[PDB]
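Positions are given from 1 along the sequence. As a basis for the values below, the full set of heavy atoms in this structure was taken, side chains included, without hydrogen atoms, waters or symmetry mates. Every number for a ligand or one of its atoms is a count from 1 in the order of the listing.
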Amino acid sequence: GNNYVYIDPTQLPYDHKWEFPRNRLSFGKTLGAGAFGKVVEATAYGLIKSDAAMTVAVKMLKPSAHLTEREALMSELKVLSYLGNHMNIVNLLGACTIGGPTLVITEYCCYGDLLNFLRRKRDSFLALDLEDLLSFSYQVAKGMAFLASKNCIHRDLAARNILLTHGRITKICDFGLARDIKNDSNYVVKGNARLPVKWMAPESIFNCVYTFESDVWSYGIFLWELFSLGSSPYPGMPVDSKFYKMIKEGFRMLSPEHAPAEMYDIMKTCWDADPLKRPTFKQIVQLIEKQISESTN
Ligand SMILES: Cc1ccc(NC(=O)c2ccc(CN3CCN(C)CC3)cc2)cc1Nc1nccc(-c2cccnc2)n1
């Protein structure tokens, strides 16, 4: 959680142990695509077990991507390697960096992206219930606490960047190059960038600073998305001059109908204008642990 240092991924070395024979990959359907990159479902052979086919996700540069994007993908690969493999973050499995297009291989998450999952399961609210939502809030906070412990900042925390897999385990991801931010209305032009403004802390919007605390703000917005079962934040409030003024003034979202009081309390603290008053992910983990225990029986 040291806001005075950061991990420069170009200084991270690429561990050759990750290198995987690209001829042992069989590419499938597109899971996401941006301008210079895409994620596809694929099959990997002898990736973990010698004579076993396993489904994976593969992030690749399109032929139309430049060195800048290859560097970014390599940096992302090194960051994932640095983070290591954890229950609540997407797991790196390998890479193909030579002899073809640069590819990064991770686990495949059988329930796909959490935002789509919530939207699909909105009616079922097997069925989705409160404890599922609490579990997702807990696991995302847990994963983010780990990221912060590694002195890493997400910068785009949102339901769309969470995946869901076996046993309803969430995995923090970052589509990065592989999201079409040009045609995603959740990304708004601000200056010479398309930014996830509705998820962003005021200090990020106005001063372009991202911190452990701005990730916590985004987590608050995520909680809102979660307990609204995938609704877009600030309903009936398009990102314009009024929006910026209102956020600066102190306008905040009301509680989702399905949020327990303490979960909304967390949201409100995450959206404190003062970053120093926001909870840490470590704190949030404890709070949600308690709520989950209380919400059982
Ligand atoms: C194939 C791949 C390659 C790279 C990544 N990388 C990440 O998921 C990731 C997560 C966190 C960080 C940490 N990082 C720290 C610094 N900041 C600024 C950015 C975030 C970096 C990369 C994921 C994947 N996996 C991936 N990506 C998108 C979708 C899917 C997917 C979709 C549907 C079903 N199963 C899997 N799977």
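The macromolecule with the greatest number of heavy-atom pairs within 4.5 Å of ligand 1 is, in the PDB entry, named Homo sapiens v-kit Hardy-Zuckerman 4 feline sarcoma viral oncogene homolog. The drug placed at ligand 1 in this model is imatinib.
Residues of other chains with a heavy atom under 4.0 Å from imatinib (ligand 1): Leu31, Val39, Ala57, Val58, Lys59, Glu76, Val79, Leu80, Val90, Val104, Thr106, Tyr108, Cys109, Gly112, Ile153, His154, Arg155, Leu163, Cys173, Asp174, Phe175.
Residue contact check: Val104 has heavy atoms under 4.0 Å from atoms 1 (C), 3 (C) of imatinib (ligand 1). Of all protein heavy atoms, the one closest to atom 27 (N) of imatinib (ligand 1) is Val39 CG2, 3.8 Å.
The protein atom (non-hydrogen) at minimum distance from atom 34 (C) of imatinib (ligand 1) is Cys109 O, 3.2 Å. The protein atom (non-hydrogen) at minimum distance from atom 14 (N) of imatinib (ligand 1) is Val79 CG1, 4.1 Å. Counting the atoms of imatinib (ligand 1) from 1 in the order shown, those under 4.0 Å from a heavy atom of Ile153 are 15 (C), 16 (C), 17 (N), 18 (C).
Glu76 OE2, 3.2 Å is the protein heavy atom nearest to atom 22 (C) of imatinib (ligand 1).
Here the protein heavy atom with the shortest distance to atom 25 (N) of imatinib (ligand 1) is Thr106 OG1, 3.0 Å. The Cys173 neighbourhood of imatinib (ligand 1) comprises atoms 8 (O), 10 (C), with distances under 4.0 Å to a heavy atom of that residue. Remark: minimum distance from atom 29 (C) of imatinib (ligand 1) to any protein heavy atom is reached at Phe175 CZ, 3.4 Å. Summary of contacts: the protein heavy atom closest to atom 30 (C) of imatinib (ligand 1) is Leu163 CD1, 3.5 Å.
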